[PDB]
Structure formats: C-alpha cells, structure tokens
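Entry below: contains linvencorvir.
Proteins come first, then strands; the chains are lettered A, B, ... in the order of their sequence lines, and each starts at number 1. Just follow the structure's listing: the first ligand is 1, and inside any ligand the first atom is 1. Header lists the method as X-ray crystallography, 1.6 Å.
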Amino acid sequence: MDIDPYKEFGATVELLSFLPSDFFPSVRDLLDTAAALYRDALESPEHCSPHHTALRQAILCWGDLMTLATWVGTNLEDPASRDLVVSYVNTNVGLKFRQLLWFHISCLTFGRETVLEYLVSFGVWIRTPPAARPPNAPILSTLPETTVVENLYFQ
Amino acid sequence: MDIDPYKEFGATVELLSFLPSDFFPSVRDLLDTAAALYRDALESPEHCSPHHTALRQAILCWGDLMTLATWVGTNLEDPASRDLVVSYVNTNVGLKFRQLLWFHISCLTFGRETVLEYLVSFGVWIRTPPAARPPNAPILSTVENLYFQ
Amino acid sequence: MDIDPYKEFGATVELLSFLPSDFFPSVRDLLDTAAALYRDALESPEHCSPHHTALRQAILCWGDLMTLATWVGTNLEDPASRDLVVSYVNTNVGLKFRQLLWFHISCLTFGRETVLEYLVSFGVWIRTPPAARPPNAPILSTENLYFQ
Amino acid sequence: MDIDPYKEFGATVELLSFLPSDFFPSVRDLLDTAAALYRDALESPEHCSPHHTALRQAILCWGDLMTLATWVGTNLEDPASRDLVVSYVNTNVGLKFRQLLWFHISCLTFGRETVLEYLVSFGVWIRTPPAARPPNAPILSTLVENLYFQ
Amino acid sequence: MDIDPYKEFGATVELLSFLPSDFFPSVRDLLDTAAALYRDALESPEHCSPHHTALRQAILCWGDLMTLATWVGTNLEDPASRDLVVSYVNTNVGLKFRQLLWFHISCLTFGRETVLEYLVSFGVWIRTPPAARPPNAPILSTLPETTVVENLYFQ
Amino acid sequence: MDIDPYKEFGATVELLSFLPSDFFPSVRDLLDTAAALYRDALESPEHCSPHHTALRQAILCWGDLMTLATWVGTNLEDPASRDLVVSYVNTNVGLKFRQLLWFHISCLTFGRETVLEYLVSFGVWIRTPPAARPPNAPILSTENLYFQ
Ligand SMILES: CCOC(=O)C1=C(CN2CCN3C(=O)N(CC(C)(C)C(=O)O)C[C@@H]3C2)NC(c2nccs2)=N[C@H]1c1cccc(F)c1C
Ligand SMILES: CCOC(=O)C1=C(CN2CCN3C(=O)N(CC(C)(C)C(=O)O)C[C@@H]3C2)NC(c2nccs2)=N[C@H]1c1cccc(F)c1C
Ligand SMILES: CCOC(=O)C1=C(CN2CCN3C(=O)N(CC(C)(C)C(=O)O)C[C@@H]3C2)NC(c2nccs2)=N[C@H]1c1cccc(F)c1C
Ligand SMILES: CCOC(=O)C1=C(CN2CCN3C(=O)N(CC(C)(C)C(=O)O)C[C@@H]3C2)NC(c2nccs2)=N[C@H]1c1cccc(F)c1C
Ligand SMILES: CCOC(=O)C1=C(CN2CCN3C(=O)N(CC(C)(C)C(=O)O)C[C@@H]3C2)NC(c2nccs2)=N[C@H]1c1cccc(F)c1C
Ligand SMILES: CCOC(=O)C1=C(CN2CCN3C(=O)N(CC(C)(C)C(=O)O)C[C@@H]3C2)NC(c2nccs2)=N[C@H]1c1cccc(F)c1C
Ligand SMILES: [Cl-]
Ligand SMILES: [Cl-]
Ligand SMILES: [Cl-]
Ligand SMILES: [Cl-]
Ligand SMILES: [Cl-]
C-alpha cells in the first residue's frame, strides 16, 4: 500500500518536506509539548478528533522505535556503541516524526488552514536570500475567535 | 504520558494480552488482509473512521520498525545474534502489532462489541484443558400470523 | 473448627474432588481469567457478591502461598528437596486453589446450579469408558442478590 | 490485579498498618476467639455476612500456610528443629493475618465504624510518648413506654 | 527575612520551645498520623485551611531534608560519619519539625485555643517537681463550651 | 503521602517542569525579590493568602536546607566533594525551590491564570528553534476630587 499519513488531513509528505529540517522542534520537545497541552485529551477514552487519534499513534510509534533501538544497544558488545542504534533512528526517521508530531500538535492549536498557510509562509521566507529578506521569521498565530464585523454588529 | 492505544476504542492493552500469541495471524498476513479489504479506503483523502486513522498509522509504524529491525539484522554478525533480534521482535513489538492490527481490522468488519466478546470467548477456550473442551475454537462472526394477513 | 469453603455456596470439598485434577485450568490461567473478566469488580469498594468476597481472599491467599513456597525453595540446603516442595504444591495446595478459583469464577459467569450440574456431568462422563462414551466432553453453558 | 482485602469493608491495608504489631492478639488467640464466639455460624451453610465469608477464607488460608510449613518441616528436615519454616511464616505473614482476623472478628462484635475509630484512637495513643500519655490504653467498646408508668 | 512559622497561627517559636523535646512524637510518627487522619484533605486540590497549606509544605520540606541527608550519608563511605549526619538531624532540625508538625496536626483536630492551652498545661506540669505533681500528665482534649445546666435551660 | 505543592494552587509539578532550568531566577534572587515586595506581609501575624502561607514555609525550608548543606560542606574533607554538595543543590533541590518560589511570587503579582499562561508561552517559545522564532522571549505582564 501507498499511505501518506497527511492525506486524510489535507496535506502530503511533499508539502511537509517544503520545510527545512531546522524549522521543526526536536522530538523530545514535541513530546513534552504534547503532554503539557493535550495530555488529558490524549489519555482520554474519547476519540476527540482524527488529529488526536493520529497523534496518539505517532507518540506510541516513536516509543516503539526507541524501545527497540535501546534494547539492541544494550546488546552491542562495545559499550561505546550503546546509543548507536538510537542514533540511527534519529538520523533516518527523526525528521519524519518531527514533521508528523509538529503537524498534529500545531493543527490541534491553530487549525489545518492556519498551519498549512504557515508552512508556505516559512518555506518561502527561508528560501529568500538572508540579505534580501525580513530579519525575523513569519509567526504562527491563532485566528481571532470573533471577527471585526461581528464585534461591530453587536455594538 | 501513559497512552493506551485501545482506550479510545473501548478496550485496553491488558484485554488484548489475554489472548495467546498463537491466536493472531502474522503481521504480514494482517497487512495483506488490510490491503485486500481496505486499500482504497486507507489510501483515500477521507478519514473514514477512527479505526482507519489508527490503522493507517500502525501500518506505517510497522514499516519504520521493519526498516530498523532489518538494518540491525542485516548489519549484525553471528546467526545467534540475528536470531535474538528476530526473537525479540517476535516476542515483543511484533506481538504488539499483531494485536493492534488484528483489533482494528476485526473491528472494521464485526464491530467493537463482537470483537471484544470474541476475545473473551477464545481466551477462555484456550485456557480450558484440551481434553475437556470442545475440539474446535469459537468462531468470530456476526414473525406472527399478522405479518402475512 | 471444620470449615468447608464450599458449604455456604451449596457445594462441598467432596463434590469438587469428584473431578479429575486434569479438568481444571491452571492457577495462572484462572488468575488471568479472573482479571480479564472481573478485575474492576474485584478491586472495587463494593461487596458485589459472596463469590466476589471469597474470590478476593482466594487470590490473595495464593499470593501468600507462593511467597512462602518461594522462601522454602530459596532456603532449602538441598536442590532435590526443592523439587519435592514444588511437586507437593502442585499435587496438593495447587489443586485446592484450582478447584476453588474455578468454582467461584464459573459461578459468577454461569450461576450455582449450572456449575454444580456441570461438575456432575463431567465427573460422570470421565468415568464412562472412553470407547463407550461420547467423543467430546459435556459443555459448560447457561445472580445479583444473595440470601443467606 | 491490586486487591485490598479491606476495601469492600471500608478500610485499607494502610489503615491496619497504622497499628504496631504488638497491638494485635496472636493468630492462635484470634482463631480460638473466632471458634469460641462464631464457630456455629462459620461452619453453617449460610453466608451470614460478608465478614463471615471473608473470615472463613482467612481461617482456611492460615491453615494452608501452616499445613505447608508443617509438611516441609516433617519431610525436608532431619536434624533441623523442623520449626524453621513454621517460624518464617509467623514472622512475616503472621502479622498480615493477625490484622485480618482481628479486623473481621472485631467488626462482627462492634461494627465497622467503632473498629475504625478504635484503630485511630490506639494508633494516636501509642505514638504519644509514654511519659506524656494516659497510662492505660483506649478501650474498644460499643453500647420502655410512658404508658407503663401511668 | 525573619519569619516565625507560628506567627500567622497565633503562636511563636518561643512558645513551642516551652515544651521539652520528649513531649513530641517522632517526625515519622507525626507524618504517619497526618496520613492516617488527613491524607485525603492534604492531597486534595482545595486549600482546606491555612493549617493544611502549612502542613503540606512541612511534610514536603522534611522530604527535601531527608533526601539531602540521605544523599550525603550514602555517598560518605566512613560509617561513623554517616552517624554524624543522623545525629545532626536528630539534634537540630528534627526537633524543629516535631514541634511544627505536632502543632499543625493538633490544631487541625482540636483548634488553636485548645492546643495553646494544652501547651501551657503540659509545660507547667513538667516543670512541677515530679514528687510534688499529679502522677499523670494533663490530657489534650476538646473542652465543652457550655455546661449541662445551660444546655438544658435552652432546650 | 504524595503531595504536589502546586495542586491546591491550580498547577502541578509536571507543569512547572515544562520550563527549562535557565528560565528561573536563582533562589537568592527570588528570596531578595520576595523581601523587597512582600517582607511586611510575610512577617505579619495575618495569613494574607494561601500563597503567603506557602511562601513563608518555602523561605524557612530553604534556610533549613542551606544550613544542613553548609554544615556538611564545612565539615567535608576535600573541596572536590564540597563542590559535590553544591552541585547537588544546584541540580536537584535548588531547581525545585526556584520553580516553587517563582510560582508563588509571580502568582502574588500577576494571578494564577496569567502565570500559568506565561509558563506555557515561554515553554513553547524556548522549544521553537532559535532561527525560526521571534528574537525576544514572551513577556510576563498583567480627579479623586471631581467625583466627590
Ligand atoms: C504548541 C502549539 O504550537 C505552537 O504554538 C508553535 C509555535 C507558536 N509560536 C512559538 C514561537 N512564538 C512566540 O513565542 N510568539 C510570541 C507571541 C507573544 C505569542 C506572539 O508574538 O504571538 C509567537 C511565536 C508562536 N511555533 C512553531 C514554530 N514556529 C517556527 C518554527 S516551528 N511551532 C509550534 C510549536 C513550537 C514549539 C513546540 C511545539 F511542540 C510546537 C507544536
Ligand atoms: C478481516 C476481518 O477479520 C476476520 O474476518 C477474522 C476472522 C474471521 N474468521 C476466519 C476463520 N473463519 C472462517 O473461515 N469462517 C467460515 C464461516 C463460513 C463464516 C463460518 O464457519 O462461520 C468462520 C471463521 C471466521 N477470524 C480471526 C481469528 N479467528 C481466530 C483467531 S484470529 N481473525 C480475523 C482475521 C483473520 C485473518 C486475517 C486477518 F487480518 C483478520 C483480522
Ligand atoms: C470464565 C467462566 O468460565 C468458563 O466460561 C469456563 C468454561 C466455559 N467453556 C469454555 C470451553 N468452551 C467453549 O469454548 N465453548 C464454545 C461455545 C460456542 C461458547 C459453546 O459451545 O457454548 C463451550 C465451552 C465453554 N469451561 C470450563 C471448563 N470446561 C471443562 C473443563 S473446565 N471452565 C470455565 C473456565 C475456563 C477457562 C478459564 C477459566 F478461568 C474458567 C473459570
Ligand atoms: C471478640 C471481639 O473482640 C474484642 O472484644 C476485642 C477487644 C475488646 N476489649 C478486650 C479488653 N477489654 C476488657 O477486658 N474490657 C472490660 C470492660 C469491663 C468492658 C472494661 O473495663 O471496659 C474492655 C476491653 C475490651 N479488644 C481488642 C483489643 N484491644 C487492644 C488491642 S486489641 N481486640 C478484640 C479482641 C481481643 C482478644 C481476642 C480477639 F480475638 C479480639 C478480636
Ligand atoms: C492526631 C491529633 O493529635 C492528638 O490527638 C494528640 C494527642 C491526643 N492524646 C493522645 C493520648 N491520649 C489518649 O489516648 N486519650 C484518650 C483516652 C486514652 C481514652 C483517655 O482520655 O484516657 C487522651 C490522650 C489524647 N496527644 C498529643 C500529646 N499528648 C502529650 C504529648 S503529645 N499529641 C497529639 C498527637 C499524638 C500522637 C501523634 C500525633 F501526630 C499527634 C498530633
Ligand atoms: C516579582 C514578580 O515577578 C515578576 O515580575 C517577574 C517577571 C516580570 N518581568 C521581568 C522582566 N521584564 C521587564 O523588565 N519588563 C518591562 C516592562 C516595561 C515592565 C514591560 O514590558 O512589561 C517586562 C518583563 C517582566 N518576569 C519573570 C520571568 N520572565 C522570564 C523568565 S522569569 N519572572 C518574575 C520574577 C523575576 C525576577 C525575580 C523574581 F523573583 C520573579 C518572581
Ligand atoms: Cl498465506
Ligand atoms: Cl458458637
Ligand atoms: Cl483521610
Ligand atoms: Cl502520664
Ligand atoms: Cl514590604
């Protein structure tokens, strides 16, 4: 099968690939943030949303990879090679999970449309030559809960 | 965090662990069954169901685990050592994914209630001594006169 | 005192003894089934039933027995006598607890009469010569309030 | 599973463990008291109460531990005092059963509320320094129409 | 800063000092009593009372002190010097926490006034020569606010 | 007992531990700020607030800890282990008290909801890669005669 984990969420692997690897927080920091903001939802008996369901699996999958990588490492006769398999996972699959965790955590806070627009905004900014672009990166931020039109309507 | 992947689906890790490892099809056979029955839905831009969403991730996660386990296996000296990794996968994370893939595929066909009832039925049958129990395993499956007047 | 643990549940040690030891699931499998089916009730602050009360104590007692048996195994100077302890447990107190756990778990699922009738049914079948009896064993198949 | 045998009776292992081991009668004396006061009920075909059901199992469980201990001493000991196994049992699991038998026998006589209050009363008394506390321990105890005189 | 932990509770360090060290249960026995009587309240999300808030911190502080003393003790190889750490705890900070835990646990059960009156009663009794005083110590108990006659009068 | 000192104040240890250790002022700087802003309230015979009650105990507890550490340090044989005591304080109990003192002092100034929101804001900012985030950290922030 050819399954793109972003496709049911309105995105693609190629679109997440538009961002440089340096854009994404680390796996540990994504996992810490998922816990700080969404632990209760993620641990609840309710689906909550497709993003929650996917994020739960992504978190556990990283755990599966690290548990396997740690176990083999303990079996490597060279004690200096203890985290060699763990390093292998980070090198070849770490970026994939950073993209995926970032996507779901961000979508849960900002909504798909805002996240996808930000992906484009940053990817265009980082491809503009540094001496020709605004010094600071674009900012990821939430939409207003109420529009100016609605606010003025109820004056 | 402590996330139980079955909890949002009305089950638990402990409940799936009630079944012996020999109960489950192999991961390869589970993956081939998911493809034969649900490939178009799994590859679609539609969520379809929480089971589809979870199953998509599990399928992809197993691919990651196999690339890792294959990399360790193909780069490991000694047949006994590679036997150990294959054994470790068989005993631990392979069993986890056999449970998980079986659960989601079965739920997509029979519904949660039927699946959970079958888990108990088989788990009780296999714990009954063979000489005392029915020879075959339990099976997973799904008008008045007035009516004619 | 002479207490029969089955007496308040309508049975006796003698009746459970009518079944061959091979009839019963293992202690481990009985404990796993009690957890799979009744963990929440067994761990709850509610009595639930006399079967739950008895089953709670039986589960804890087996833990006590295993801790004692482990201490005997580790403290016996001779390795051959450790073997005797295990075989003694399997033959004697392990069988007692297989009977007891099976009885209460089955009663919680099927009710007292069905269980008592099944004990007799299987005990009669296994005593019928194999070449003269049905090829398969009889089947165990089908509450909230408890009088005295 | 994590089963607390006191939980269905409104108590916990931790609560019983608030009492020092010296608080409790010996297992033998608890068993003699169960027999003297409740033998007929314990041996009857009636449930009687959840306390009776639990007490029956606890009495039989101690029998199982002692039968095991005695059998090892008889068969697997020669010049050993053959009381080595029996001695370990009374050292570790004996306290657990003194708590359990005492709880059920006391509840059958005084009721849960009075028993739990007494556990707290004695636990506080024994933790008060002896030279600062009352000399005697707290005590476990529990407690006509007008027309007649007109 | 010079803070007296009793001042917001109507007492002082000097007043608790009026009681001899032998008056107090050990820290362990005070902690075990706090758990037996107040565990649910102490672990709850509600303030409950200023005594509860203070008692919560005292329990945790003792944990901090013993964890530090343990780490020092277990990482000191000479056994005599480990006994020096224990003696320092017993001599100095153990008495401070025995006073403090006793005060808060007693106040939660009997109220401030009864506790302070009892502090005085015992401190006076123990300073009376043993051959001249009642054989038994005064008793900590809640006194009745009204007499039987008064209670019957307002029936 | 398992007491979370933040629980009665609407937070948890895990939430405070979302912030990196470098976020917090030193214990000394927290204590000096508490004295500059709240000394009279803290030394008063009035409860003032649950935050004041908790903060009083934390201040005294730090005094207990440092005298113990000083007594150990001044009686230790070799400076390398004197350095070990300081390092233990810096890594373990100093971090706990930096979190705790900061929480109470900040709550007394800004209120719980502002503090908890700021914790999240900074914790997310510091986890954003430096080259991708705003250059500055988020900020913690909140006649008489004519009407006679
Ligand atoms: C937790 C939700 O995610 C965010 O809020 C995320 C953010 C939100 N932004 C964080 C940095 N920023 C501030 O501090 N701001 C300050 C203020 C005052 C609020 C404002 O000016 O508006 C704005 C800006 C907002 N940025 C990003 C990324 N930016 C670039 C590359 S990555 N990723 C995630 C994220 C981050 C860390 C861990 C995670 F796990 C995740 C998912
Ligand atoms: C595809 C949905 O799953 C099933 O249908 C599943 C089945 C369905 N059963 C298959 C075997 N059976 C028949 O052929 N039957 C024939 C008939 C005519 C209908 C009848 O006699 O009633 C009944 C019985 C039904 N059994 C199981 C398991 N049984 C025991 C241990 S495992 N697991 C899954 C499953 C299986 C393979 C790959 C998968 F990937 C999965 C998930
Ligand atoms: C969990 C309740 O117990 C049972 O259900 C028990 C059973 C239930 N039976 C299990 C075997 N069977 C099937 O799979 N059946 C299939 C079907 C379709 C439902 C039907 O034909 O009706 C019937 C038959 C029913 N049998 C027994 C024993 N039989 C003989 C000796 S022992 N003991 C217990 C038990 C078992 C294991 C662990 C335990 F822990 C216990 C207690
Ligand atoms: C049999 C019910 O239990 C009791 O009555 C129990 C008692 C009852 N008390 C017995 C001692 N007492 C008297 O003699 N009293 C005499 C009188 C005239 C009424 C008075 O002076 O007031 C009061 C006082 C009541 N005390 C206790 C415990 N106290 C402290 C630690 S243990 N445990 C159990 C118990 C005891 C033994 C074997 C058991 F098996 C048990 C269970
Ligand atoms: C738990 C509340 O504290 C008490 O109840 C406290 C008590 C209560 N007293 C306990 C001793 N007593 C009884 O048993 N009494 C009842 C009795 C036997 C029926 C009778 O009247 O003769 C009265 C008398 C009341 N005494 C004390 C202290 N007394 C002297 C020095 S210290 N300190 C605390 C306390 C105690 C232990 C652990 C703690 F942790 C604490 C705090
Ligand atoms: C004393 C109350 O606490 C504060 O005010 C606290 C602050 C207040 N902030 C101080 C730094 N800032 C300014 O100078 N600002 C300038 C101005 C003009 C007023 C504005 O733009 O608003 C804003 C910003 C506000 N920041 C913090 C922390 N920020 C980041 C990590 S820690 N912690 C505490 C605190 C600090 C020191 C000792 C303590 F002890 C404590 C508790
Ligand atoms: Cl095949
Ligand atoms: Cl009698
Ligand atoms: Cl409580
Ligand atoms: Cl006295
Ligand atoms: Cl001031």
| field | Place of linvencorvir in the structure | value | ligands 1, 2, 3, 4, 5 and 6
| task | Look up in UniProt the name of the chain making most contacts with linvencorvir (ligand 6). | result | Capsid protein
| Which other chains are in heavy-atom contact with linvencorvir (ligand 6) at under 4.0 Å? | F
| request: Report all residues and nucleotides of other chains within 4.0 Å of linvencorvir (ligand 6) (non-hydrogen atoms). | output: F/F23, F/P25, F/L30, F/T33, F/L37, F/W102, F/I105, F/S106, F/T109, F/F110, F/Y118, F/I139, F/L140
| Does any N/O atom on F/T109 come nearer than 3.5 Å to any N/O atom on linvencorvir (ligand 6)? | no
| Any idea which protein heavy atom is nearest atom 15 (N) of linvencorvir (ligand 6), and the distance to it? | F/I139 CG2, 4.9 Å
| query | To which protein heavy atom is atom 37 (C) of linvencorvir (ligand 6) closest, and what is the distance rounded to 0.1 Å? | reply | F/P25 CG, 3.8 Å
| field | Nearest protein heavy atom under 4.0 Å from atom 20 (C) of linvencorvir (ligand 6), yes or no | value | no
| query | Which species does the PDB give for chain F? | reply | Hepatitis B virus subtype adyw
| Looking only at protein heavy atoms, which one is nearest to atom 34 (C) of linvencorvir (ligand 6), and how far off is it? | F/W102 NE1, 3.5 Å
| message | Could you identify the single nearest non-hydrogen protein atom to atom 25 (C) of linvencorvir (ligand 6) and state the distance to 0.1 Å? | response | F/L140 O, 3.4 Å
Could you list each N/O atom of linvencorvir (ligand 6) together with any protein N/O atom closer than 3.5 Å, one pair per line with the distance?
from	atom 1	to	atom 2	distance (Å)
linvencorvir (ligand 6)	33 (N)	F/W102	NE1	2.8

